[PDB]
Number of protein chains: 2
Amino acid sequence: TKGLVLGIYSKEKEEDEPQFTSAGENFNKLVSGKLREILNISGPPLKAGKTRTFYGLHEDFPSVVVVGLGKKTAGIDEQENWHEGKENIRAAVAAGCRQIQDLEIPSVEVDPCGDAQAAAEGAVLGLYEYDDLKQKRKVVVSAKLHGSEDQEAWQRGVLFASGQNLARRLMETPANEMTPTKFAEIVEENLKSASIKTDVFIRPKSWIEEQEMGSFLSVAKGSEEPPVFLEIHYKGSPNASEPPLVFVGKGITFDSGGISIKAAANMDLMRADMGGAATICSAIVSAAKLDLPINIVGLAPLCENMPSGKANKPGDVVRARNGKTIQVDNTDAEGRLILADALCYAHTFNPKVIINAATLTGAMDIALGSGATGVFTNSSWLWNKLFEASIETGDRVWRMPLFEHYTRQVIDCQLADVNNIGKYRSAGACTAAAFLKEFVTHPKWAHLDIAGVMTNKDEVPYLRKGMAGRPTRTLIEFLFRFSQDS
Amino acid sequence: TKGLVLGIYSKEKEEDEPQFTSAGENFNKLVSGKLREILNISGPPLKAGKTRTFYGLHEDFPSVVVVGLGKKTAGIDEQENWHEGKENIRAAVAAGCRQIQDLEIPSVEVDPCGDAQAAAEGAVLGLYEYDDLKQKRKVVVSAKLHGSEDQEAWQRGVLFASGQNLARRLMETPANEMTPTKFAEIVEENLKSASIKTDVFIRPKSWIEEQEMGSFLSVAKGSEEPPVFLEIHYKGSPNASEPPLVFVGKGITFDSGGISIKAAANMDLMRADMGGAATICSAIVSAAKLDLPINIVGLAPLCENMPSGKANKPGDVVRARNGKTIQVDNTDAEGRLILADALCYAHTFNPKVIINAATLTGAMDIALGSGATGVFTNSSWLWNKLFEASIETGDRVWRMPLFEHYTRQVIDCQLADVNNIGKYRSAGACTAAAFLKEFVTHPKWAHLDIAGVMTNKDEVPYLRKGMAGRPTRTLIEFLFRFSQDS
Ligand SMILES: C[C@H](CS)C(=O)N1C[C@@H](Sc2ccccc2)C[C@H]1C(=O)O
Ligand SMILES: C[C@H](CS)C(=O)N1C[C@@H](Sc2ccccc2)C[C@H]1C(=O)O
Ligand code: NA
Ligand code: NA
Ligand SMILES: [Zn+2]
Ligand SMILES: [Zn+2]
Ligand SMILES: [Zn+2]
Ligand SMILES: [Zn+2]
């Protein structure tokens, strides 16, 4: 059994009937107009993201799912900050593929819908499900481009989507499996499979201690799970000495909050508190697969945050790699602690830019939810590049303020140079960002608080319920454009 | 006794000593160099916002307070989104005036510090205190410009600051005094004192019922305090038919949350839940005092949100003026309910723009705190105008997303067209904004969630602890520039 997903646009006022994509019209022609005929008979027109299934139209395609693509000329939506057409395609195709999968069809050919990359992303992101630990699973669906004219674009979409799906897998996987060591090993095998122009160092605790990362170590010690500092190098630049772009990701494989223990409700989701590491590492893996002509370094401090007889204690003062002391008033604000040391280390690479990602604050979720990743940056150039890339990917970013106003609230510290929690409970994502900035001197640094986009329920149509792996594609697009432009 | 506030800048590397402002150097000359001499003797240089008091330098000024103005050439700070020099002046002067007041001196002359408006704002905003109900009060200080060359700029500052102080007074005043009726009467007398080219209508409940404002009425009915719909007109345009700019403000004189009752802790601050009305009305009063050549309409639905035998009940469905039904799942999300009707009414004026302000969500506070007012708008032109004005005033704004992503979460309603609370608890300010947008069809609408800037502790140096009256000056500046530019 082989399924087929075909797109149809919303009817324009000047048109007598909704128009099929080129593939749709061709298939209709192939079946002597039976597709149009049955679609007409089926009832109301298919709107954006809606689907309808027709059976027995062609011996090779017992199941044909037509999906609504919305307005054919839908481009950049000035109000939504994204290319609407691409988003329509991703959603429609995802919906179509899910329908094919529900019919238990193992193979599906997908209409490029005028944008093969978007179509591929919809199919690949849409079909993804982390079901490795389930006895009962949906049929594995192999999605392929319908036709052979948009191959590179289609594969580009598969690549981008696969990068995000890698992040989703890493985030979704339970923490007892996805330990710091396991995460590092999976990223290592993926990066090495992507290109041999790579180096991966799964730095052990001894190295971390040697690097004087007391902040990171303070978080890790509460747990019996060994911490690791993942360092990955992708040497894509023609010039080996070319300064690299450095990505840093919060890799808390599991966050119980530590002594400042979290509430039980939905704490299981904290297995994705390493989403920052997942997204930046996956983006680098994808950059390597794209063979981007740039040098990139990925840094991911990985550990668990657990309560125990040797765990971080509220009030404890720890020393970051840069010598700055930190008062750990709340052990559940551990992401900024490990990032302090990772960000310090990031400067040793004399990077062109430093971008960190982290499921850093619930405040970010309360601020923008899953609508967009919050971006704190001291460079409007960098903000604009990330923003422009997000318009293309649809995985939106929204700028958040890096004001001294917030810095003042974290450096007002009773015992040390900086407190790991603001003196007020307001603007949690902003004070967390201000804290990170105290460990950054680089002129082009961007902090992405992805706590709000850590999961998906139904907000992003082409992502099934679960860890979202956002905004991996936006980072990939950013890297791609940087390798071409910047 | 008459005090004197003089400014001194931070020493530049090329300078041999920190430089006084023109007024400072002149005074020093007047006292034969004794000011410089004593300042030198006093110790370390005065940094931005710091002050030092010197006594007996001149028979007419027994107390002279020198204040640090920071870098003389401090201009627009690209990272802080404000004119740093103006902010330095406001803070320094406020500090100086507070010192003069502590010395119980009733009159103070203030150095224009190279920017008389900023100096005036610092003095007027800085000295303000709502102490009408206190037996023990600080000495009333009369601040005046030192010299007579920067009079218009100084008075402009006093005007802007007075506008904000009016908002602060309205917000700070206890709700049993600042009732809907009282608020309306105070705004009325202030607007009428500002210009005779005005009309004020304190619309009674009967009018509100006539206007079919069922949403607004649903909120008000729980309380015995009569609701009023304040409608103010400022006819500043040379052309009476010139479309007006319409401002709308949430005027909940007191919010107990209603049946969805609030927690006791700090609920007293909800006497400022009419801050939206306070800021937009005050801005209009100030626009009138500035005699801006534009037509402006101010709309402020005013009422209390109280629990009682006839109060809004969770689940109740009310009908807005535009016929849209609203499911009131949480009676404490009442601001959007009254704004729905006010925003609908705003369209009847065929306005050029519609800007509403409201202490709408705690989510906004969690998002940006008092760092900046969150601005939701469907017009980048409008956003940019507000942003540019905020750079000048220092009362910053930060854009927040108006995405369908959030709309979907409020129109997913069990009983009606729209639910007054999102289906998820994330992005509270965004879903609240999305709710408002369902009552807006205008192409240039901006919603300002000022919940985070409702109060000040010490974030804004020139504002004493209490209701902040923000971002009144930014609205005034916006209006001023619009009357000149747009
Ligand atoms: C998503 C983050 C990172 S794991 C997180 O859970 N935080 C960070 C801080 S916020 C915070 C909460 C209360 C007082 C001070 C800060 C602690 C914890 C929390 O919200 O209680
Ligand atoms: C500042 C605002 C306006 S008065 C406010 O207090 N809200 C608005 C809503 S948010 C909300 C809270 C829980 C569920 C749904 C929405 C209710 C109340 C609150 O936070 O509990
Ligand atoms: Na995980
Ligand atoms: Na009040
Ligand atoms: Zn935590
Ligand atoms: Zn965490
Ligand atoms: Zn309320
Ligand atoms: Zn309220």
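Alphabetical chain letters, starting from A, follow the order of the sequence lines given. Per the PDB entry, chain A residues shown: 1-486, in order. Residue numbering for chain B follows the PDB entry; the residues present correspond to positions 1-486, in that order. Just the heavy atoms: all of them, side chains too, but no hydrogens, waters or symmetry mates, feed the values below. Both ligands and their constituent atoms are indexed starting at 1 by order of listing. A fraction of the deposited model is presented, and contact counting is confined to that fraction.
In this structure, the drug modeled at ligand 1 is zofenoprilat. Of all chains here, the one making more contacts with zofenoprilat (ligand 1) than any other appears in the PDB entry as Cytosol aminopeptidase.
Chains touching zofenoprilat (ligand 1) with a heavy atom below 4.0 Å, listed by letter, come to A. The parts of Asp332(A) lying near zofenoprilat (ligand 1) are both backbone and side chain, judged by heavy-atom distances below 4.0 Å. The closest approach between a heavy atom of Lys423(A) and any atom of zofenoprilat (ligand 1) is not below 4.0 Å.
Residue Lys262(A) approaches zofenoprilat (ligand 1) through these ligand atoms, each under 4.0 Å from one of its heavy atoms: 4 (S), 5 (C), 6 (O). The ligand atoms of zofenoprilat (ligand 1) that sit less than 4.0 angstrom from a heavy atom of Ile421(A) are 15 (C), 16 (C). Judged by heavy-atom distance, the UniProt Zn(2+)-binding residues in chain A that approach zofenoprilat (ligand 1) within 4.0 Å amount to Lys250(A), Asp255(A), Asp273(A), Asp332(A), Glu334(A). Polar contact check, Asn330(A) against zofenoprilat (ligand 1): no nitrogen or oxygen pair lies under 3.5 Å apart. The option from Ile366(A), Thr361(A), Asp255(A) that lies nearest to atom 4 (S) of zofenoprilat (ligand 1), judged by heavy atoms, is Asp255(A). Protein heavy atom nearest atom 10 (S) of zofenoprilat (ligand 1), with residue, atom name and distance: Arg336(A) NH2, 4.7 Å. Zofenoprilat (ligand 1) places these atoms under 4.0 Å from at least one heavy atom of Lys250(A): 3 (C), 4 (S).
Near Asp273(A), meaning under 4.0 Å from any of its heavy atoms, are these atoms of zofenoprilat (ligand 1): 4 (S). Only the side chain of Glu334(A) comes within contact range of zofenoprilat (ligand 1), with a heavy atom under 4.0 Å; no backbone atom does. Distance cut-off 4.0 Å; other ligands and ions near zofenoprilat (ligand 1): ligand 5 (zinc ion), ligand 6 (zinc ion).
Nearest protein neighbour of atom 3 (C) of zofenoprilat (ligand 1), counting heavy atoms only, is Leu360(A) O, 3.1 Å. When the UniProt substrate-binding residues of chain A are filtered for a heavy atom under 4.0 Å from zofenoprilat (ligand 1), what remains is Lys250(A), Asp255(A), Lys262(A), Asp273(A), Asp332(A). Nearest protein neighbour of atom 9 (C) of zofenoprilat (ligand 1), counting heavy atoms only, is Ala333(A) CB, 4.1 Å. Using a non-hydrogen distance threshold of 4.0 Å, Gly362(A) registers as a contact of zofenoprilat (ligand 1).
Closest UniProt active-site residue of chain A to zofenoprilat (ligand 1), with heavy-atom distance to 1 Å: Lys262(A), 3 Å.
The binding-site residues for zofenoprilat (ligand 1) (non-hydrogen atoms, 4.0 Å) are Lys250(A), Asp255(A), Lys262(A), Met270(A), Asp273(A), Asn330(A), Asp332(A), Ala333(A), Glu334(A), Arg336(A), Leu360(A), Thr361(A), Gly362(A), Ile421(A).
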